[PDB]
> 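Here you go, one structure.
Numbering, chain A: per the PDB entry, residues 8-401 in sequence. Values below: all heavy atoms of this structure, side chains included; hydrogens, waters and symmetry mates excluded. Order of listing sets the numbers, starting from 1, for every ligand and every atom in it.
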Amino acid sequence: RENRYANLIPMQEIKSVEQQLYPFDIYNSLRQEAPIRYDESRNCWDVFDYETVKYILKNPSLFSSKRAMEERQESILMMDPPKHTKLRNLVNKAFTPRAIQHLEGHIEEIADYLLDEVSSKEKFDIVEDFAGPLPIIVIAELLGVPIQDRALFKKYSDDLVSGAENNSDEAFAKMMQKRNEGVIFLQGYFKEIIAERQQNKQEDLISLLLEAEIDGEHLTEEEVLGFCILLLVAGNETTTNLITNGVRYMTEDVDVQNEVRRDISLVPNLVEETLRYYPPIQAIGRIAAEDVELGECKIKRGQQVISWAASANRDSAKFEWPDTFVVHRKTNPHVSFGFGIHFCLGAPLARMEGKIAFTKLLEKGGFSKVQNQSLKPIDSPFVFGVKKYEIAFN
Ligand code: HEB
Ligand SMILES: C[C@]12CC[C@H]3[C@@H](CCC4=CC(=O)CC[C@@]43C)[C@@H]1CC[C@@H]2O
Ligand SMILES: CC[C@H](C)C[C@@H](C)CCC(=O)O
């Protein structure tokens, strides 16, 4: 309908598969050429510098999160205050570092179990065998939803972050058909689970959402569904890329792999530097709520504003050694989890999963990438990850 969400449409500067697999040199060039620019092919402003990206994310009154192509903004991701505040306050205490600490041993058990399934494999796909399943199992248990067919839910979860091949009408229609398929299955599935919990509450998050009251009324079914699908998709698609991207970097630069294996206290730094350097989410969308001058650029009420975390994370005004993977950084103020009121609810959980995933792989011993694979980027321009990544223990 040409009101298309620009975060789903690839920039024309990113063309080849090699560029999709490492777009950061191009973002860096764009940031230096013009840190804010209007892309005519996507009808949006792209923002590349750290200070302006942070400013946008910190100013929800100026830059709205209500960017659904449909009329209804369905989950807190797409809500502005005050509604955003009331719904997020329902769940914010479930996801703190203290709230999730008890899961550490259980997540270590899942990781050990998954790596046992590949101990006497020659090589294996880190995505299918480890990085994919682990976050799906964790988020399923937190939501309270059975997910025993992980491949099925992965397929449809992936559909919900898919983008268009280009800005053609046909490409957008193909993308919307994929996303529609994921909506049919995942919405249907959670509708059934919600009905089951309505009939018999359990000790799980879905049941809490059915019990909680906002303004003296229960959540609408649409509101509970929004939580379920957002938590499922955000909880697994990104984390899988965090783990895979870290394994990717550690096999592209074995110096880092060896140093962290030999000083495992560096794993939290490795997690943060993977987020900064290979961010699972490259770009965060907003809609200008009013006219806003960002420098000389005049952004008009209602225009799309795409903030490039992948570029901000390498802005040399903010980061020393921005294009170097450094596991000894004293601070790492990346925007890979966003910033401000929508700051990732799952960040403590993602950090724990990443820490455990990397630790278990490192403690199994040295590992290498299988050479002569043709990596396949995930087909969404706001995601950074590969569909498959084969490694082998030495
Ligand atoms: C569990 C769960 C979970 C998990 C695990 C996660 C994981 C993650 N994540 Fe998250 N998130 C989430 C859940 C989550 N998540 C939510 C729910 C949200 C929403 C919030 C609001 O909106 O407030 C987010 C949000 C978010 C954001 C912001 C956006 C805006 O601003 O709009 C970002 C960037 C992110 C990223 C991410 C990553 C990178 C990862 C990995 C690594 N996240
Ligand atoms: C936008 C999104 C796909 C569409 C999802 C959205 C979560 C909220 C949601 C509620 C539904 O009932 C399905 C459609 C939507 C609107 C998802 C959050 C991450 C994912 O990319
Ligand atoms: C699914 C992971 C996050 C909830 C989504 C954010 C990264 C926003 C993505 C966007 O702004 O289109």
> What drug do PDB records list at ligand 2?
testosterone
> Of all chains near testosterone, which one has the greatest contact count, and what is it called in the PDB entry?
Cytochrome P450
> Can you list the atoms of testosterone that are under 4.0 Å from a heavy atom of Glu81?
8 (C), 9 (C), 10 (C), 16 (C)
> Can you report which non-hydrogen protein atom sits closest to atom 18 (C) of testosterone, along with the distance?
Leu237 CD1, 3.7 Å
> In terms of atom number and element, which parts of testosterone are under 4.0 angstrom from non-hydrogen atoms of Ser82?
8 (C)
> Where is the nearest protein heavy atom to atom 2 (C) of testosterone: which residue, which atom, and how far?
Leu167 O, 4.0 Å
> Measuring to protein heavy atoms, does anything land under 4.0 Å from atom 20 (C) of testosterone?
yes
> Where is the nearest protein heavy atom to atom 1 (C) of testosterone: which residue, which atom, and how far?
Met85 CE, 3.9 Å
> Does an N or O from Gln194, backbone or side chain, lie closer than 3.5 Å to an N or O of testosterone?
yes
> Could you tell me whether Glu77 approaches testosterone through its side chain, its backbone, both or neither, with non-hydrogen atoms closer than 4.0 Å?
side chain
> Got a protein heavy atom sitting under 4.0 Å from atom 10 (C) of testosterone?
yes
> With respect to atom 5 (C) of testosterone, which of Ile236, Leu84, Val190 exhibits the smallest heavy-atom separation?
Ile236
> Under 4.0 Å from atom 16 (C) of testosterone, is there any protein heavy atom?
yes
> Where, taxonomically, does chain A originate according to the PDB?
Priestia megaterium DSM 319
> Is there a polar contact between testosterone and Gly233, counting only N or O atoms under 3.5 Å apart?
no
> Considering only non-hydrogen protein atoms, determine which one is nearest to atom 4 (C) of testosterone and report residue, atom name and distance to 0.1 Å.
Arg186 NH2, 4.5 Å
> For testosterone, which residues in other chains have any heavy atom nearer than 4.0 Å?
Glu77, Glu81, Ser82, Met85, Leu167, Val168, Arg186, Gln194, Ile236, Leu237
> Find all protein N or O atoms under 3.5 angstrom from an N or O atom of testosterone and list the pairs with distances, or write 'none'.
unit_1	atom_1	unit_2	atom_2	d
testosterone	12 (O)	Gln194	NE2	2.9
testosterone	21 (O)	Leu167	O	2.9

